[PDB]
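Heads up, the thing below is written out as structure tokens.
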Amino acid sequence: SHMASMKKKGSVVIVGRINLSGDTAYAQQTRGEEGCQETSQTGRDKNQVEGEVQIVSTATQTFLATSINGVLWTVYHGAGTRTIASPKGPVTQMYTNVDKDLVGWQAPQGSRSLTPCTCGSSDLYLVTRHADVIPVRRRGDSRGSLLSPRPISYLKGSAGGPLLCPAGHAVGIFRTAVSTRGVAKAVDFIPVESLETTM
Ligand SMILES: CC[C@@H]1C[C@]1(NC(=O)[C@@H]1C[C@@H]2CN1C(=O)[C@H](C(C)(C)C)NC(=O)OCC(C)(C)CCCCc1cccc3c1CN(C3)C(=O)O2)C(=O)NS(=O)(=O)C1CC1
Ligand SMILES: [Zn+2]
């Protein structure tokens, strides 16, 4: 009831990226934890952004965000309704859809966007926050099976990351693991068409 002392949640902050530009996929950190906490509070992030897949953090969570069609997309269960930190201060979401577990902000200057897939191919590749590239066979509109199942620990923190087709187009945004006894045999994702509809 004490309005004057009510806090505000911080912004989502870009803290690194998954580098896919060369022959080797690898994670790069661009901001440490202390800088992250400060930048989340101010919403002012002057660091250079590059690439398609960003590693992002709040005060309490870390996950991924993926640029497609000039929008940096991620999961609502990570970002909520938060702004994203940017060189000019906090930027408000331009898309929010709790029903799809989806949010988006205008893509940061310097980022590159993936192109939505129109191949209609079911051989996919999930990119994790550790830059693992995991083959996934598409099994429905929003499901795919891991060719090599993994403990959910290996996938944790990768929601918001991409599933890509063989040509490197965006097919979906990783949302949940389909897990039994802690082993992810499959994943659920927001299909890129659903992004395109939300747009
Ligand atoms: C561990 C790697 C996982 C990718 C990951 N995501 C998760 O942990 C999400 C968050 C939460 C639970 N969950 C699951 O994956 C659970 C699980 C394994 C934890 C047991 N699976 C499940 O319920 O399958 C059941 C299934 C039927 C497939 C759900 C479909 C419904 C899909 C759905 C539709 C509409 C709205 C909402 C949902 C799900 N939703 C809101 C929501 O909040 O989901 C993550 O890494 N998160 S993270 O660590 O990066 C986090 C910091 C951001
Ligand atoms: Zn494609």
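What you see of chain A is 981-1179, where the numbers are those given in the PDB entry. This entry, so its header tells us, was determined using X-ray crystallography, 1.1 Å. Whatever order the structure lists them in is the order used to number ligands and atoms, beginning at 1.
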*ligand 1 drug*: vaniprevir
*asked:* Any chance you could list the binding-site residues for vaniprevir (ligand 1)? Cut-off is 4.0 Å, heavy atoms.
replied: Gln1041, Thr1042, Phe1043, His1057, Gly1058, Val1078, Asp1079, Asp1081, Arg1123, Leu1135, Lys1136, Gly1137, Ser1138, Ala1139, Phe1154, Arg1155, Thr1156, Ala1157, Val1158, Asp1168
*Is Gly1137 close to vaniprevir (ligand 1), meaning an N/O of one under 3.5 Å from an N/O of the other?*
yes
*If you count the atoms of vaniprevir (ligand 1) from 1 in the order shown, which ones are under 4.0 Å from a heavy atom of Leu1135?*
2 (C), 46 (O)
_Looking at vaniprevir (ligand 1), are any other ligands or ions under 4.0 Å away?_
none
*Judging by distance only, is a nitrogen or oxygen of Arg1155 under 3.5 angstrom from one on vaniprevir (ligand 1)?*
yes
*Considering only heavy atoms of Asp1168, which atoms of vaniprevir (ligand 1) have at least one such atom less than 4.0 Å away?*
32 (C)
_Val1078 neighbourhood, listing vaniprevir (ligand 1) atoms whose heavy-atom distance to it stays under 4.0 Å_ = 36 (C)
*atom 36 (C) of vaniprevir (ligand 1) touched by protein (heavy atom, under 4.0 Å)*: yes
*Does any N/O atom on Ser1159 come nearer than 3.5 Å to any N/O atom on vaniprevir (ligand 1)?*
no
